[PDB]
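In the text below, chain A, chain B and the rest are named by the order of the sequence lines, each starting its count at 1. Note: hydrogens, waters and symmetry copies are ignored here, and every other heavy atom, side chains too, is used. Should a residue be non-standard, expect its parent letter or an X in its place, and expect its extra atoms to be absent from the contact counts.
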Amino acid sequence: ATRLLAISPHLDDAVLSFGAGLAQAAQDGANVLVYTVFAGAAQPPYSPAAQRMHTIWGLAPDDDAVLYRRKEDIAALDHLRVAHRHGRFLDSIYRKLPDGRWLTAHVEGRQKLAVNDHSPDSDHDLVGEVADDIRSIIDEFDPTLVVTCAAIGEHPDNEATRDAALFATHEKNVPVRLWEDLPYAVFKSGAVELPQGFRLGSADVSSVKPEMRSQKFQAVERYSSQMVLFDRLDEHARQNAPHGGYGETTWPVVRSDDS
Amino acid sequence: XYXXXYX
Ligand SMILES: *[C@@H]1O[C@H](CO)[C@@H](O)[C@H](O)[C@H]1NC(=O)CCCCCCC(C)C
Ligand SMILES: *[C@@H]1O[C@H](CO)[C@@H](O)[C@H](O)[C@H]1NC(C)=O
Ligand SMILES: *[C@@H]1O[C@H](CO)[C@@H](O)[C@H](O)[C@@H]1O
């Protein structure tokens, strides 16, 4: 039996990036679990940046935004008929730096967010924490395959998720693959810097039935808060394997020579 | 760096 563990950074990323792979796995009778790492329930007060994001998402600025998101995630994943697990790490907009500053600051005029300068110590400590949680889930669920994000777009939460997954899957002897982060891959290079000792294998551009694209995009629409689109995604996918259907690009990750 | 969007 095939047990697919998809490790999403935020509530929507696995469906947005890999919703057709999840839909295909489900269709094939695989046992599928989407664990979202940064699904921690944030406790107020919220930062100026979080409060702005919440209002952008159509919420009162002091509302329980993570609860709202978690319910959208359950709706989207039940549409795909796959399991969820909501992890305890706080989204970037809720995190504090060890000196008390918010991790992310609000920036005026469309830019939204930028991350505060800080020492790498706290980024490395976050990876080890996330890696401990992934190792426990690997022990419990016993996946035959783990898929997580490439962190195209360099979101710090996606980078932490990716790095933690690479360390945990290497220690546990479980194969791992990275998906192309959407929508970031539509407008970013695709080149990422993996932690020392890891490298990408050859890309696989999947070929999915139009039925699987429709089921993915229906599941995307359960994330109401995040929308205010599908055409862009379509053109990126067709642009990846032309003479081909919809598909998603993933890469295996292996150890580099001499590492 | 980081930075928001959508662009
Ligand atoms: C932006 O960063 C926030 C703070 O960390 C995260 O809450 C949020 O998930 C991040 N979003 C993205 O990386 C992609 C946004 C585009 C999503 C719209 C896709 C559909 C409608 C779900
Ligand atoms: C910005 O992101 C929103 C988030 O859903 C998206 O729907 C929209 O297409 C984006 N605006 C652009 C690309 O101008
Ligand atoms: C997206 O992000 C970068 C940095 O702000 C810009 O250089 C680019 O033109 C677009 O605004």
Which polymer chain sits in most contact with chain B, and what is its name in the PDB entry?
N-acyl GLM peudo-teicoplanin deacetylase
Could you check which drug is at chain B for me?
teicoplanin
